[PDB]
Amino acid sequence: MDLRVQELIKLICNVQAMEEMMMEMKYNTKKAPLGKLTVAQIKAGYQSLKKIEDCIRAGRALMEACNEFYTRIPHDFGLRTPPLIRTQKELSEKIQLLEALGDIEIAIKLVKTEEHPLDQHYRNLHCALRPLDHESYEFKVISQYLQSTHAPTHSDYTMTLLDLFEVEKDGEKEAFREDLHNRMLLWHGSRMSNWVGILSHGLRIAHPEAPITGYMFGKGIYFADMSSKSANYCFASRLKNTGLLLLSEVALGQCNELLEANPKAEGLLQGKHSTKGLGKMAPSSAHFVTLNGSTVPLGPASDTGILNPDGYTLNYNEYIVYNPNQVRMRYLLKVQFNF
Ligand SMILES: Cn1ncnc1[C@H]1c2n[nH]c(=O)c3cc(F)cc(c23)N[C@@H]1c1ccc(F)cc1
């Protein structure tokens, strides 16, 4: 490759990192190594999670259900009683875990070699990654957007743009809902473990067997107009301060705008093309710009005056599309997190 693209590839294709990351989520790799991971294993996971969600919707069976889960998706809690899976946060953790294994299952297949390995990993992605000049117009806007939509309540770090690549995933230009109005350039963040999957298969909706209570606005692909909302889903740390952020063209269409969580939001569409969870603070439109016919919601964020008298109010917006054909990957940011 070019060196910058080589180091990116190195970075995301590091299986030792993937292993470290999974141990950090308390997954037992000694017992179920990542190289012995299969689609069937991971479905078995979902099927046992579904059975747990069932017990929370209904009311004993939960101990049977949690055990089956831990049998099929081994964990490592050491000498402590393995905890039960009982709260919304807990179940959503288990889903973040399984998603991640699916992306690793994918990476491990892909990183197998027959050319230099890094050049092989790269080719098998089927997605052009192109480093951009830091003096260029596109880098200017992206930096401004990165910083200017850093949310005031994600004050625990800053981000530094280390490097920028334009992304072009085979298939996407053509599949894309070019026709839909309301097209915006929006963020997506994810665990480092997941990039080989996302680059090679694209952003995907939730797995079919995934429990729906995990998903605030149902099983779509989620985006923010607030860089740090997305960046939080990188799960970076002082120990692992290099992450990646995605910018994608998102064909939003008419938005069904929602004040609070509804996992059945997808059936609420009834003609519309996306869900938008309304936030307290959002970038203001007097400040937007256009990059290749996609609106870029430049910061800073302002009180939108939005309020949910019924309960919890979102701090910042989110957008959910329920078909990959509404997403076109566009730029990938290499970001240093400064804690
Ligand atoms: C954890 N996860 N797995 C796939 N997608 C995600 C999240 C997400 N990933 N990345 C983003 O940029 C994002 C931007 C949002 F405004 C909102 C988001 C996300 N919510 C998604 C979410 C959060 C909790 C949950 F239980 C399920 C889904």
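Going by the PDB entry, the residues shown for chain A are 234-292, 296-350, 355-579, listed in order. In each ligand, atom 1 is the first atom listed, and ligand 1 is the first ligand listed.
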> Per the PDB entry, what is the name of the chain that shares the largest number of close contacts with ligand 1?
Replying inline: Poly [ADP-ribose] polymerase 2
> Which drug is recorded at ligand 1?
Replying inline: talazoparib
> Does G454 come within less than 4.0 angstrom of talazoparib (ligand 1), counting non-hydrogen atoms of the residue?
Replying inline: yes
> What is the nearest residue to talazoparib (ligand 1) among those UniProt marks as active site in chain A, and what is the least heavy-atom distance to 1 Å?
Replying inline: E558, 3 Å
> Which UniProt domain of chain A lines most of the contact region for talazoparib (ligand 1)?
Replying inline: PARP catalytic
>> Is it the case that talazoparib (ligand 1) has an N or O less than 3.5 angstrom from some N or O of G429?
In response: yes
>> Going by the closest heavy atom to atom 8 (C) of talazoparib (ligand 1), which one wins out of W427, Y473, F463?
In response: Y473
> Can you identify the residue and atom to which the deposited model gives talazoparib (ligand 1) a covalent bond?
Replying inline: none
> Which residues, listed by UniProt as NAD(+)-binding in chain A, lie less than 4.0 Å from talazoparib (ligand 1) by heavy-atom distance?
Replying inline: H428, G429, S470
>> For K469, which part has a heavy atom under 4.0 Å from talazoparib (ligand 1): side chain, backbone, both, or neither?
In response: side chain
> Between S470 and talazoparib (ligand 1), is there a nitrogen or oxygen pair with a distance under 3.5 Å?
Replying inline: yes
> Which residues of other chains have a non-hydrogen atom closer than 4.0 Å to talazoparib (ligand 1)?
Replying inline: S328, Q332, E335, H428, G429, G454, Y455, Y462, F463, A464, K469, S470, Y473, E558
